[PDB]
J.: 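Structure of methotrexate bound to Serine hydroxymethyltransferase 2, mitochondrial - open in front of me now.
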Amino acid sequence: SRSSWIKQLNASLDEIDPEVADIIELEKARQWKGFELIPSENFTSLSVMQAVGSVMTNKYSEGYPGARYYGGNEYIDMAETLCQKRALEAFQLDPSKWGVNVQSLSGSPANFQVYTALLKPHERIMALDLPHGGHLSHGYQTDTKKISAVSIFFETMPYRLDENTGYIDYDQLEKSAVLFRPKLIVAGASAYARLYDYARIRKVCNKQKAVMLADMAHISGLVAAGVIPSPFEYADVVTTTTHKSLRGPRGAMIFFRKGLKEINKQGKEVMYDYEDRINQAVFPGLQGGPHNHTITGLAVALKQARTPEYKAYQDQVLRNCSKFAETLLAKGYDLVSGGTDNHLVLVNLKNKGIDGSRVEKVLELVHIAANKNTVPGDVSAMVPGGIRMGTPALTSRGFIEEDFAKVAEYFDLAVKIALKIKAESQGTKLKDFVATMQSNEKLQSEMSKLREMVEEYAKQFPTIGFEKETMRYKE
Amino acid sequence: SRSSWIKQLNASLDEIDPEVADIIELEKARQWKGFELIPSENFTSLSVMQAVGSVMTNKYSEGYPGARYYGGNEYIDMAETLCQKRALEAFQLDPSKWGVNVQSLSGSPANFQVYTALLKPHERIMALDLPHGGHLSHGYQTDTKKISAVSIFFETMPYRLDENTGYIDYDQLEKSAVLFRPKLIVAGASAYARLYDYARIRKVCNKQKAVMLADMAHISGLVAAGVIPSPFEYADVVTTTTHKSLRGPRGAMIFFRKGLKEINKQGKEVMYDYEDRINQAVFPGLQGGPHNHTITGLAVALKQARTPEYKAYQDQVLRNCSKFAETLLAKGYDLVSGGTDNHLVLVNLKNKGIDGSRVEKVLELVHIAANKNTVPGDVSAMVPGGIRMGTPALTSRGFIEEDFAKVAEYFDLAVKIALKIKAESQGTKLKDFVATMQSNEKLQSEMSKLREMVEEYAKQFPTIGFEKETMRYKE
Amino acid sequence: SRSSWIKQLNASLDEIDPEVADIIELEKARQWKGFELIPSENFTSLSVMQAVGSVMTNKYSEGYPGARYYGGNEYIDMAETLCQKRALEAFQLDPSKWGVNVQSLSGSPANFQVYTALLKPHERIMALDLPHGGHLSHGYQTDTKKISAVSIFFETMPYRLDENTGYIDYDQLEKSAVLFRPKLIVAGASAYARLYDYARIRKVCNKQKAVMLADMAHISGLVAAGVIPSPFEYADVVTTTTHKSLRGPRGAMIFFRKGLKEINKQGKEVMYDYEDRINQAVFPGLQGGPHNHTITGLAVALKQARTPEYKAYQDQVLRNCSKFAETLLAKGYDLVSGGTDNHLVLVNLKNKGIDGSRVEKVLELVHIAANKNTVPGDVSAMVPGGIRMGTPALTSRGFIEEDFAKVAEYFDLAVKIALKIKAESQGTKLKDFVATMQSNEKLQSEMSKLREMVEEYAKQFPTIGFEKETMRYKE
Amino acid sequence: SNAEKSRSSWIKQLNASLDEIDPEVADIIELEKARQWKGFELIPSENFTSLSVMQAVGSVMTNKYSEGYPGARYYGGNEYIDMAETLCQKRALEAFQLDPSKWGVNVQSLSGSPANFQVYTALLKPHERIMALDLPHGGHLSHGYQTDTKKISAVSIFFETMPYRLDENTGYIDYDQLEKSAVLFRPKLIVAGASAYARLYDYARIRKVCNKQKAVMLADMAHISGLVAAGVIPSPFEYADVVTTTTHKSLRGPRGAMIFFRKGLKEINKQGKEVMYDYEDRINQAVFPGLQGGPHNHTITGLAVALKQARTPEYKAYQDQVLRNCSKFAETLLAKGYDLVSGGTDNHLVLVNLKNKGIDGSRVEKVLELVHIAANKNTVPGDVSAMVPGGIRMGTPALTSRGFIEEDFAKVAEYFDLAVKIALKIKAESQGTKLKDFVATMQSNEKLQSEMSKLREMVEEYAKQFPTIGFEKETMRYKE
Ligand SMILES: CN(Cc1cnc2nc(N)nc(N)c2n1)c1ccc(C(=O)N[C@@H](CCC(=O)O)C(=O)O)cc1
Ligand SMILES: CN(Cc1cnc2nc(N)nc(N)c2n1)c1ccc(C(=O)N[C@@H](CCC(=O)O)C(=O)O)cc1
Ligand SMILES: Cc1ncc(COP(=O)(O)O)c(CN[C@@H](CO)C(=O)O)c1O
Ligand SMILES: Cc1ncc(COP(=O)(O)O)c(CN[C@@H](CO)C(=O)O)c1O
Ligand SMILES: Cc1ncc(COP(=O)(O)O)c(CN[C@@H](CO)C(=O)O)c1O
């Protein structure tokens, strides 16, 4: 059994677990044949995946480079030090003014670790309201329930959009902050199509003596390439995931000011007080052993973020989204804020007489991956009135402006099918919509035809991270 | 532009990032050449790593199978459902009595998610004291500082070993619980060498109406193979990491009772109330998108845990540690609790007149990877008096009992060198010990000789997860 | 020896403690010869004082009538039950819809006991901002310090005046409450000259599902007499002191809704859930033995509150304050909100070119007792711009409208002296003002003349609660 | 006409006597006066206040608002209120022989329970840890208390409490277990104070534990403060950081409280820096503006009177008699076959463990009440439930104030014993085993009712002979 279990440890996935191998092959074909429009998704490189799938996973390395609680970490230290160096370089940060923690396991715990580092329990946080494009890891509660645990352990209050313009209502943010006295204000969003006024957030944070946390998860790759303004110009702390526009592994980073404070902010302490608190909140506070396979893959992704090819990619992401929005507007769709400055759009389906749940069900059946999304003016969060879509993932496969014009066309055809399913539905209920969607033979034929059109279009483009020639599912 | 960055996305790690490729090859050689004795470390299979390094990383799948927020999750749902099914099967659990969450990113957040699910902020937790072999994610504070964030957000109090026997003092645990009124008691440890009396903990939890949480991270593979008694016989909730004795990817699982608990005095069924609370604490409470590459690799590892070869491995892990302990004792070392019933030992160096920091520095230089560790009787956590070592990792490479007798010999030779360095150190500070260790030619030669002995012994064994023939650093 | 301490226990205050007896005689003369304008002060009756100074103080009576810890409480129960029933009658409350607790020791703990009964620690409270006329027992924090412990144990946020009108800005209160989600809103003030819009507060509390607490301490006697609108029409809970306009002993009452609240969606009766929680928060939650002497004096005060002459008194309080306000306005003073609808006025002195601290120092020296008071627009609570004055105390002595016209004249003469002291001061500091006020023979003579005028006017009126003829200090 | 008629009417209302204005309340007070005349008042927390204190508490000092502290007020008109509070503080320090450079005092706290809560609020953050004597072992609710069911005291809601307990073999506090518990629990504050404990505290031992844990030592001396002031037992001020007390109970003052706290140098630390005590500002600010508003100046003035009395030789003689009476009481109970918790007493009370008499405290307390002997049932070591107590608590302060001496408390023990004999007869005649069957017999058995009537007459006849405290017998409305 000794030599036998060594064979099982060194055999390939195809031989050891054909069921799992088949699932991955099906997912490869899904990524090949679909319109992947979820703006938080991307296709990471083969080189990142080879690092994440390496023996770096075997090592325990609690602590920080050169200051570990375990032996054997000479090369894990090289990886984490290299990752930190490349993280600062990717955002053109002076290492005497900025530090970074690369151990946070994902975006949601990264933010919680910042709160734990800098705030006592029940201290006050302001952030963009979830139904107005915020994120759960900034806090969220309903009339009856705290949904995010951020709102359990800390005291949260939202700020909102101007529902007439679709931009953040900074005037109301400032006035609210005077009364609520936040200790930390979050500048970051999941479904905001415009650029943040980081200068205004900084002004409010200075008046309130609040920490300015920029959560740039969605835009980090755009920031790294220098194609939009950087939150590092203003923020005290910057969190980000590594798997969205950055195009890296699933993970996160926390950046923070260090060294001497501004002349007019030096007092009983002259140095920033973020580095030790954040590093200690990550470990020993809330995490144990770093995931060194992810950290090593992150180092790879951060080197890729420096290249001219990467800047060209992020430029194309923005130009594709601009064209995408223009085509949607010309086909009659309403966009929240009327357009976009970044990688995503938010379609408000109110002017079409159908909701996001119904449209997304059709999108899924025609191999278009998006998400239903609350829009300003929605009466209920349970019934989202919009669809969120973006350009990072298909841009990575080589979609350019005319290709996203085609994506908008096929989105439009899917909405028209959803409207027919609604018209053919007997009752008002979503259950009746689904029953029509699964029983009507003519409308199933139209969805089947649209699905073939999407797949034929998407299949022409390169696959990212694997070769077409060795795919199990080539049809 | 297009074809340029698409080639970057599909190129190998060797092509794209030679510096990172070099670091991984160095780490491969280190895992080949050394005694990897950290008891929380293992060598996972190639098939696990191929799944972790797959395109499953690209998908956002917030929610649970068949109840996602995004579209496109048909195959991610297969993987997570398969992982859940295999998790219950690996521990012989009745799915009508047990459920499982496989999304928790690692062991430390998994425990925090259980606390957040079942306890209000500042409610009370008892667990094994960190200096007596507990874990930071069960709580820990000094008289001046909360070290673990568990002790910030919840109210923790330790239970302790009988310092005469090295076993948990269950009588004092019970008496303390009467006074402290815990809402949850943790049964699990990082450096405890004996089996838990889960039945006794169950009786205390019943008396206190406290949740019984077994944290089986270290022993989960032993439990899965059935070679030690199972905490599932008694516990309400069981947490575990997946990368230690289980031999899987870096990740975690939370198991919990579900279904009928009891009939009340009025004949009405009373159901367990763990499942919804725990699942909602993981998401949307504390995490965002699941790491589907890790969940997929975990499904692979859980299938591997079912084989007769895996059971033979875990039986060898136990026999190896017994022989290891026996040989250390014969060579004059003291072990906490005087021996072992599991996969690890904790050496208390007090009778040798040297601390764990000094010994671990020599171990590191002779390529024995272990950790300095606090022991009962240490006056300061800054000066650990022990060394923790265990058998899972080298047993995975085929070490058997006589091989761990040799590991004990080489550990002893390293301690003898550390004692010589201490004797030659003119000063008493650790930096004086380091200065002697780095400048004394005779003792550098002794360490070089022992390092060569360790490497010659370790290199003869198979490498796990890669082949020797293609190693870049064979010399 | 036994005879020795019996004599000590039964001797008069004059025999036992001449120093304390003399202090009381000096205070009697001060209450006789001065203008007592502090609007939270009154002169309570001889009969109340005889009950408060009775042997009812000797009994320990933890618990509630008929449910005491100890025996011997048959007559204490007569008094407390009588007090409770008289309390409901004093405010014309239906005892099937309202209950009352009469044990709370004073106004500040009464509010804290309500919060403890109905809110978990760190739950949210809104109340009128302290510098805008609120009270510390509703919460208060500065930029750097929690001043009220209500703001330590609960999460507080103020609502504010419209600084253009001096009335509460109910529109902003409602908007703030949407974002802050208070669990309790306080409707009550210490330095607000207008009537509360209780119906508007009720509307906001209904929308927010918040408890409506009316703190009527200042206006309780006006409410009992039925000469201003009652908060009991709208509030869930009503707190009050017993020593202000109610004219009773120093103490407090907590009223709460009980019985049927409404019918739910299933047609089921929903009952109020305040009574048990509040009674248990008072005892055993936060207090021990009731002060039976105060409760007995309170019963006496509540019987007085039901009489026609008590209503005539409170009607006179209102007419006196209206005349007072009219006379101040005619003499060029600015009043916050432009006037009054209750028992007090708040004079904003800024248009006269002097502050409240300086004016109050002169008032004190001419035997006019008022308080310096923050006004809306003050930047520092350390430099108050206003003076607060009211009519309950002097109305009790028989001052009528023409007499308060005279009070306004003498106030104005004191302001003129303060302005002369400021003009003569050799410096701008309060310390320089005081030095001039104490050394300038001419201004000292003017203050002596005004003091004689105040005392000659006040001495004409009856003494309340003691006989003028037997006073020690009749000169 | 009517306006002036009304004004004259409400002024007449304010100046009329209680007898004229509210005869119903006056009658209640007269009934309570007669009750205090006729009973054996053995509840050890009760006492009889002096006339001079009551005259100050019932004075026009009640009319004044004086938020803040002497010389630092937020209202005008406080020249004489300042004299009273300053005098009260001075006499408070003098009553316990305290150096004002080492001790400060706050005299504004409204009663014993909020006084402790104010100390916790001053010195502890929310949810920080407190240890105190368990309530059924002799503690007090204001130190925290929770059952398996729920948190009873709000101290246990806002702070994290854990009890320490008696050695149930000896009846003394188990100081060894307290120390071991503190190592694990890490209290920030330990309370040394009891309400139903017949022994004095080992303040030296508490001090050692507090020093080792870097915890505040709070002595809550409510039950013993008058003994401390008279110098007849050791003082908590020798050891404690902060001392709270009721001003009623042992001290025999008005209903109120005091908070004492160390001032000045705590230690010179390892770096050579003076560490000063940080209690005065935190406690004073917790009382106001933190948790209270206007001081109750009538109570503060009555307290100054009580504190002057506490320094006299008559008061010292009284507190000496309190202790000697309790010892004689204990002597007589032991001679009559009763067991005392801890085997005796060192203070003003005893805890009778009724186990060897075959009857519990609930039954005995009911008979005592019917014969006008005021005592209270009390948990004793060995009880299975805190709800069915096996003992009775009795003490000497109140009757000693009326002039009971040693031979009189021998008689009190005799009449207590006669009541126990009646309770045992009721239990023997009870058709059933539950407490309601006992009450059914107690209310129905004509012969046993007659014995209780006889014993009640004996109790009242004995008590009536002694002086009344705080009022004259001659002017009582109820002279029978
Ligand atoms: C003690 N206290 C409460 C307070 C203030 N004025 C009163 N005035 C009266 N007549 N009565 C009171 N009971 C009263 N209480 C205070 C203390 C300081 C500040 C204060 O200075 N606040 C400033 C600055 C303090 C800071 O920022 O640190 C602010 O931020 O608005 C206010 C109120
Ligand atoms: C408020 N309080 C003190 C209390 C209650 N009632 C009294 N009743 C009287 N007549 N006298 C008292 N001194 C008295 N004291 C309480 C409240 C609940 C429990 C209680 O429930 N104890 C549990 C046992 C303790 C536990 O569960 O930890 C029980 O079995 O009833 C005890 C005391
Ligand atoms: C601004 C921001 N901060 C944090 C996170 C969380 O990252 P995680 O999913 O890795 O936890 C997200 C993820 N956002 C996902 C939903 O979770 C999205 O599709 O937009 C985010 O948008
Ligand atoms: C019982 C238990 N529960 C949880 C964890 C945390 O797992 P994580 O490191 O993946 O967070 C550990 C890790 N234990 C590591 C140190 O963190 C070890 O070397 O032993 C653990 O031992
Ligand atoms: C609305 C309200 N609620 C509560 C209180 C507190 O009463 P207390 O001083 O008896 O604690 C007050 C007292 N107000 C006093 C200052 O404390 C005053 O001069 O106005 C109050 O105005």
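Each chain gets a letter, A, B and so on, in the order its sequence line appears, and its residues count up from 1. Every number for a ligand or one of its atoms is a count from 1 in the order of the listing. Heavy-atom basis, side chains included; hydrogens, waters and symmetry copies ignored.
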J.: Provide the full list of ligands or chains belonging to methotrexate.
T.: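 For methotrexate, that's ligands 1 and 2.
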J.: State which other chains have a heavy atom under 4.0 Å from an atom of methotrexate (ligand 1).
T.: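 Under 4.0 Å by non-hydrogen atoms: C, D.
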J.: Which protein heavy atom lies closest to atom 13 (N) of methotrexate (ligand 1), and at what distance to 0.1 Å?
T.: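 Nearest protein contact, heavy atoms only, for atom 13 (N) of methotrexate (ligand 1) is D:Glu67 OE1, 3.3 Å.
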J.: Measure C:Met382 to methotrexate (ligand 1) on non-hydrogen atoms and call it side chain, backbone, both or neither using the 4.0 Å cut-off.
T.: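 Near methotrexate (ligand 1), C:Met382 shows nothing, with every heavy atom at 4.0 Å or more.
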J.: Just to be sure I read this right, does methotrexate (ligand 1) sit under 4.0 Å from the backbone of D:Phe288, its side chain, both, or neither, counting only heavy atoms?
T.: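 Only the side chain of D:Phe288 comes within reach of methotrexate (ligand 1).
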J.: For atom 20 (C) of methotrexate (ligand 1), grab the closest protein heavy atom and report residue, atom and distance to one decimal in Å.
T.: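 Checking every protein heavy atom, the shortest distance to atom 20 (C) of methotrexate (ligand 1) gives C:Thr142 CG2, 3.8 Å.
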J.: Heavy atom under 4.0 Å from methotrexate (ligand 1): found in C:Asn371's side chain, backbone, both, or neither?
T.: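 The side chain, only.
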J.: Do me a favour and list the nearest non-hydrogen protein atom to atom 28 (O) of methotrexate (ligand 1) with residue, atom name and distance?
T.: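 Result: C:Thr144 OG1, 2.3 Å.
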J.: Report the nearest protein non-hydrogen atom to atom 4 (C) of methotrexate (ligand 1): residue, atom name, distance rounded to 0.1 Å.
T.: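 Among all protein heavy atoms, the one nearest atom 4 (C) of methotrexate (ligand 1) is C:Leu130 CD2, 4.1 Å.
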J.: Give me the nearest non-hydrogen protein atom to atom 33 (C) of methotrexate (ligand 1) as residue plus atom name, then the distance to 0.1 Å.
T.: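 Ranking protein heavy atoms by distance from atom 33 (C) of methotrexate (ligand 1), first comes C:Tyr140 CE2, 3.5 Å.
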J.: Could you check which UniProt-annotated methotrexate binders in chain C have any non-hydrogen atom under 4.0 Å from methotrexate (ligand 1)?
T.: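 Checking heavy atoms, the UniProt methotrexate residues near methotrexate (ligand 1) are: C:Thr142, C:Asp143, C:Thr144, C:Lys372.
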J.: Write down the PDB name of chain D.
T.: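 PDB name: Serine hydroxymethyltransferase 2, mitochondrial.
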J.: What else, ligand or ion, lies under 4.0 Å from methotrexate (ligand 1)?
T.: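 There are none.
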J.: Please report which non-hydrogen protein atom sits nearest to atom 1 (C) of methotrexate (ligand 1), along with the residue it belongs to and the distance in Å to one decimal place.
T.: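 Closest protein heavy atom to atom 1 (C) of methotrexate (ligand 1): D:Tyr74 OH, 3.5 Å.
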J.: With a cut-off of 4.0 Å on heavy-atom distances, which residues and nucleotides contact methotrexate (ligand 1)?
T.: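 Counting heavy atoms, it is made of C:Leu136, C:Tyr140, C:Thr142, C:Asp143, C:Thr144, C:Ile147, C:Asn371, C:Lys372, C:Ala381, D:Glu67, D:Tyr74, D:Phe288.
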